[PDB]
Visitor: 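Sharing a structure, written as structure tokens. Questions coming.
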Amino acid sequence: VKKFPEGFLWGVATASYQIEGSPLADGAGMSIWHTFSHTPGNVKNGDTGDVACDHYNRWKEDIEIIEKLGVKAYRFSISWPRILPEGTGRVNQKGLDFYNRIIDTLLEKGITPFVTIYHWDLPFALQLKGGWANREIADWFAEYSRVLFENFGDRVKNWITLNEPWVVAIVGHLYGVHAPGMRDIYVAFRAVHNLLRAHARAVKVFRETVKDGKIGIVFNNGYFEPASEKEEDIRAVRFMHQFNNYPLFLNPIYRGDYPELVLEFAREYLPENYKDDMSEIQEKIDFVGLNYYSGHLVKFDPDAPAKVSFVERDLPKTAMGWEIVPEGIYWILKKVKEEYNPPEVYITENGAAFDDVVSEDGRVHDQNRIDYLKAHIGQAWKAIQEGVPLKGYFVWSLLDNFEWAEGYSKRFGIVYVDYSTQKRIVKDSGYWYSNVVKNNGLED
Ligand SMILES: OC[C@H]1CNC[C@@H](O)[C@@H]1O
């Protein structure tokens with residue numbers, strides 16, 4: 001038996017562009033993911049979010065699935081361009097109506113909404129003005145967040161400014177693999193910095209408009225282990241954790257500067273008086289969300305940009321090719337308490353992509369995902385037993401969905417989606433998870 005604390009929040013998680021479809025319905029502006037995915041060569045098989053899970057129409061039935069499974073919390077995101085089609089100024093009532101219906105439905109059914117304000121679908125109109133590269137985004141984001149607080153803050157009380165700002169900056173602006181598809185290290189570190197300033201401005205306005213709410217921010221994290229016991233490899237691990245995990249943002253938020261190895265690597269790329277912004281960046285937050293999926297063996301490498309290479313290990317992997325290292329989720333939970341001691345933590349995403357097939361029996365026997373969830377939920381329980389203030393756990397994802405540059409080819413859902421009909425098939429992992437929420441923990 002591994003029983004969780006009373007009132008622990010068991011959730012599922014999605015993101016607007018990944019499930020909704022109908023990106024231009026009802027006066028919505030284009031996002032950068034619309035223009036990106038519509039550019040030939042950017043996404044596997046030419047996939048886009050034009051249709052996705054058609055959640056824009058099937059939202060009621062999807063929530064009914066959440067209800068039926070008994071899960072207590074739904075993490076979802078809001079499409080900025082549905083609300084403010086030009087990014088600032090005009091507010092689209094029909095966009096607000098879409099999310100209002102979802103919000104009211106969840107509450108009526110006793111599910112707690114956790115709203116991610118920004119999960120990567122910037123209004124295209126703002127990208128034309130530089131997007132995350134432009135310092136003024138801290139004002140645009142504040143205006144947007146304010147609108148969400150004023151319209152939804154009466155009912156939604158749990159808020160997340162940004163999903164995975166490292167990915168937004170580095171994958172979007174350095175690697176060019178995600179929208180807006182840029183490859184410029186100077187832009188990428190300006191985007192890191194503006195992400196922090198916009199997050200801090202949003203939190204500030206939240207204090208003014210939602211008196212009884214809680215607000216946090218979500219980071220991606222990997223469990224990095226050194227290839228050798230040599231000095232340089234252990235250091236390569238120390239760089240990667242500081243750059244790729246929560247310290248890149250939490251060192252600023254809690255200590256008022258970037259982490260030390262990040263400055264060794266990137267001080268030429270950061271804005272010249274970046275320190276002037278640090279005091280405002282330290283705006284107090286209520287919780288930290290950590291996402292976790294995978295671990296990576298890393299070693300020093302003199303030929304690699306950043307002086308780090310990944311080394312492949314003979315370990316069980318998901319369809320992403322990601323190494324399954326359950327103890328990473330425990331390590332990261334431990335480490336976040338050790339380093340910054342946030343008053344609350346949530347696992348805001350954890351999950352796995354496997355090649356799911358509908359059997360002849362009409363069921364999806366994803367024993368491989370059950371095994372994955374069970375192992376990590378076990379490690380999260382362990383972290384709680386050693387004092388980490390973990391208040392919730394969210395499976396990525398409710399639904400198989402548009403997996404960014406991988407398109408529909410990667411399935412993360414505990415519910416299978418047959419894209420040809422839009423049929424939902426609860427997976428074995430979904431029934432299994434439904435049982436652990438009912439029991440408030442593991443059993444065998
Ligand atoms: O890569 C799987 C998931 C990682 N975290 C952010 C999500 O949008 C993504 O689908």
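FYI, the numbering just counts along the sequence from 1. Quick check of the header: X-ray crystallography, 2.1 Å. Just follow the structure's listing: the first ligand is 1, and inside any ligand the first atom is 1. In what follows, every heavy atom counts, from backbone to side chain, and hydrogens, waters and symmetry copies are set aside.
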Visitor: Which macromolecule is the chief neighbour of ligand 1 by contact count, per UniProt?
Guide: Beta-glucosidase A
Visitor: What drug shows up at ligand 1?
Guide: afegostat
Visitor: What are the neighbouring residues of afegostat (ligand 1) within 4.0 Å, counting only heavy atoms?
Guide: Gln18, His119, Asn163, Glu164, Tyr293, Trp322, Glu349, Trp396, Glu403, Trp404, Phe412
Visitor: Could you list which atoms of afegostat (ligand 1) come closer than 4.0 Å to a heavy atom of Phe412?
Guide: 2 (C)
Visitor: Hey, could you check which of the UniProt active-site residues of chain A sits nearest afegostat (ligand 1)? Heavy-atom distance to 1 Å would be great.
Guide: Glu349, 3 Å
Visitor: Pairs of nitrogen or oxygen atoms closer than 3.5 Å, one from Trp404 and one from afegostat (ligand 1): do any exist?
Guide: yes
Visitor: Can you confirm, on distance only, whether afegostat (ligand 1) has an N/O atom lying under 3.5 Å from any N/O atom belonging to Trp322?
Guide: no
Visitor: Distance under 4.0 Å to a non-hydrogen atom of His119: what atoms of afegostat (ligand 1) satisfy this?
Guide: 6 (C), 7 (C), 8 (O)
Visitor: I want to know if afegostat (ligand 1) touches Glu349 in the polar sense, i.e. an N/O pair below 3.5 angstrom.
Guide: yes
Visitor: Using distance alone, decide if afegostat (ligand 1) has a nitrogen or oxygen within less than 3.5 Å of any nitrogen or oxygen in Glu164.
Guide: yes
Visitor: Return a yes/no value for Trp120: is any of its N or O atoms, backbone included, closer than 3.5 angstrom to an N or O of afegostat (ligand 1)?
Guide: no
Visitor: Identify the organism from which chain A comes, per the entry.
Guide: Thermotoga maritima
